[PDB]
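Section: structure with PF-00835231 (bound form).
Within every chain, numbering begins at 1; the chains are lettered A, B, ... in the order of the sequence lines, protein sequences first and strands thereafter. Start at 1 and go down the list; that is how both ligands and their atoms are numbered.
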Amino acid sequence: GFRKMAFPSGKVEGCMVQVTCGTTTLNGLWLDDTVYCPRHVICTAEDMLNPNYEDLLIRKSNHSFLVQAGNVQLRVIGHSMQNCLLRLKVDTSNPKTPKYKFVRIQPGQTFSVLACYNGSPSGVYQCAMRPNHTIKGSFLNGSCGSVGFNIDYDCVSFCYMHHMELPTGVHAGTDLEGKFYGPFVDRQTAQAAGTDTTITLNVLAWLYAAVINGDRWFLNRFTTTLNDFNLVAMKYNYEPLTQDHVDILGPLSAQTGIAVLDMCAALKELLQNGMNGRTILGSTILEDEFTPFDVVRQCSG
Amino acid sequence: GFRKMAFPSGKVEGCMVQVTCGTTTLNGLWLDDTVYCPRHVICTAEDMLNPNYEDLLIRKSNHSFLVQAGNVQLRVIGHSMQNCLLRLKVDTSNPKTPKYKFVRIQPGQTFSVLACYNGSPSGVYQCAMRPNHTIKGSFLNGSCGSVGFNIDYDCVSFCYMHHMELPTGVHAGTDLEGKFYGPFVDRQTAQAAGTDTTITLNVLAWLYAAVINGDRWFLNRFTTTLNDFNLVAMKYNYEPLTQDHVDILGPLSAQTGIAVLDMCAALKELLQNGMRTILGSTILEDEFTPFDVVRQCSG
Ligand SMILES: *[C@@](O)(CO)[C@H](C[C@@H]1CCNC1=O)NC(=O)[C@H](CC(C)C)NC(=O)c1cc2c(OC)cccc2[nH]1
Ligand SMILES: *[C@@](O)(CO)[C@H](C[C@@H]1CCNC1=O)NC(=O)[C@H](CC(C)C)NC(=O)c1cc2c(OC)cccc2[nH]1
């Protein structure tokens, strides 16, 4: 079969802690002797409308922060601001720290989210970095500080820390350097994102995954040039496909025997005609949150 | 919006091992000093076509089993078969054993699956046990012995151990007592599942989830008996509701003030007259249980 699959979250669960400053509590990520968390933990409800973060942070001391790993309190021995995050130095190192890296994910790429509440892991799901730099996640009150990550041979690449839910229900956050993805700001305001687009490379990978798993009703005897495909794709708010993206689909094309441009012609027909009550891999819409890597990993190992 | 979400898998990852007999390898579950795994690990590829498990197990000794946590071997000191599983006693009690229970889930219930290969966890996803006793999973060669589970208050309830991929691409397995879900058997044969039906309980949970989010156009001024609903639902390939299903809907019914039977009358009208959108599609979702809805609406 074919399902949306997240990385096993164990390596990340062992890093989640709770951070409290006054009456504000959120999640933190404890790696070696540092705890990372969103900086708005230092704000009161009144500060959040227009916070002068450097001004608010200089008024805090080490004992202002209560850090808890389960029932155990970790003593904060230093603090510094890391863009929209705080870096809290603690007096003990996390023995459960995996091999890790901090990466800045690009639009179209996917990652797993470990949703946490009060320092306790609660759920794990897969998300994609949207072209408009939001993520379509599922986060409730207390989820700030939850992280997004990928795993490669026991190394955890952390790429996202959660901060905000927009009025439309989509989400905004930062990388682990504290830099927001997109034009968002950590202030208590209603913020709109730019117009989103469909991740074309991922839709094509998902159509290849459908062929690999028996679904091929949408295929046709036609072909298209890359430019003619891109003209139709842009008309429907889909990202243009570059020659680099065609090359990425090489392995999936060689596996199914379907040329990349032949799959583009099938997608062009789907965009123009529609699905007309039919389904692809159980879905009634074109799915764009599976990368070619996600498809290859799930079908081949 | 709603999405499939799995439980954090760490407590289960700490229990995954690999079990090998000859060149046949699969996954096992290590809890305290016992390792549970599919009994077909004792078969060569040719033995699987028509195996006599009792006879095949007589010639296996404790020294025949290679159990590994990573590349660390755990010595087997006892073995027994329990239905379609093997229970191997090992010389080491797993320090990472969470608080746990073994449960046999009912059709319609959801659970997380930790797909494993060679004892190494690879991915996690949420599955629903279909009324035909299959799951629409994603499994490759080497996935046998992967487990399904739910976590409630740091207690892991194990409910599924993977054994087979049917010719239609759906999957079959057993509970942690080795009893298959459905009429399947552990042999290398093409087996067919019965025709599947829609999980009525979960469609009702999805309607309550829509009401919780302010989408309530489909509610009507009538009610139905459970029997009248069951008779109409079966004409639409929907499962009949049981007293347990009505009980499970208790919290959602109290939260919205919609009696379960009043919601069945709304669903009955949707079935007989069609659909407009709900949350906000024309297709009703049947893989989110009443617990899944509460978990994503209330937190
Ligand atoms: C964090 O848990 C707070 O620590 C929280 C997570 C969201 C709550 C619900 N779902 C979530 O994803 N984030 C916030 O509450 C942030 C805090 C900022 C960065 C200081 N704020 C918002 O997400 C936010 C504020 C407003 C708003 O105002 C006025 C109006 C409309 C939307 C909105 N979202
Ligand atoms: C286990 O990993 C074996 O240890 C394996 C898992 C499947 C392989 C691929 N995807 C999976 O989910 N299970 C099997 O290979 C089982 C072994 C049995 C229980 C002894 N066999 C099947 O799943 C199986 C056999 C046949 C078949 O024959 C002939 C014909 C059609 C389908 C089919 N499935």
inquiry  = Could you tell me the main partner of PF-00835231 (bound form, ligand 1) here, using whatever name UniProt has for it?
reply    = 3C-like proteinase nsp5
task = Give, by letter, every other chain that has a heavy atom closer than 4.0 Å to PF-00835231 (bound form, ligand 1).
result = A
Covalent bond from PF-00835231 (bound form, ligand 1) to chain = A:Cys144 SG
request  = Tell me which UniProt active-site residue of chain A is closest to PF-00835231 (bound form, ligand 1) and the heavy-atom distance to 1 Å.
outcome  = A:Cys144, 2 Å
query = Which of the numbered atoms in PF-00835231 (bound form, ligand 1) are below 4.0 angstrom from a heavy atom of A:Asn141?
reply = 8 (C), 9 (C)
query = Can you tell which of A:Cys37, A:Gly145, A:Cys144, A:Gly173 gets a heavy atom nearest to atom 6 (C) of PF-00835231 (bound form, ligand 1)?
reply = A:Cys144
inquiry  = Applying a heavy-atom cut-off of 4.0 Å, say which part of A:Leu140 lies close to PF-00835231 (bound form, ligand 1): side chain, backbone, both or neither.
reply    = backbone
query = Should A:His162 be counted as touching PF-00835231 (bound form, ligand 1), given the test is an N or O pair under 3.5 Å?
reply = yes
ask   = So is A:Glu165 polar-close to PF-00835231 (bound form, ligand 1), meaning N/O to N/O under 3.5 Å?
value = yes
key: Closest to atom 13 (N) of PF-00835231 (bound form, ligand 1) among A:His163, A:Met164, A:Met48, A:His171 (heavy-atom distance)   = A:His163
ask   = Which UniProt domain of chain A has the most residues touching PF-00835231 (bound form, ligand 1)?
value = Peptidase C30
message = If the cut-off is 4.0 Å to any non-hydrogen atom of A:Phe139, which atoms of PF-00835231 (bound form, ligand 1) fall inside it?
response = 10 (N), 11 (C), 12 (O)
query = Of the protein's non-hydrogen atoms, which lies at the shortest distance from atom 21 (N) of PF-00835231 (bound form, ligand 1), and what is that distance?
reply = A:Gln188 OE1, 3.0 Å
request  = List the residues forming the binding site of PF-00835231 (bound form, ligand 1), heavy atoms under 4.0 Å.
outcome  = A:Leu26, A:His40, A:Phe139, A:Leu140, A:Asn141, A:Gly142, A:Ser143, A:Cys144, A:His162, A:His163, A:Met164, A:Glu165, A:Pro167, A:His171, A:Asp186, A:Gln188, A:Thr189, A:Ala190
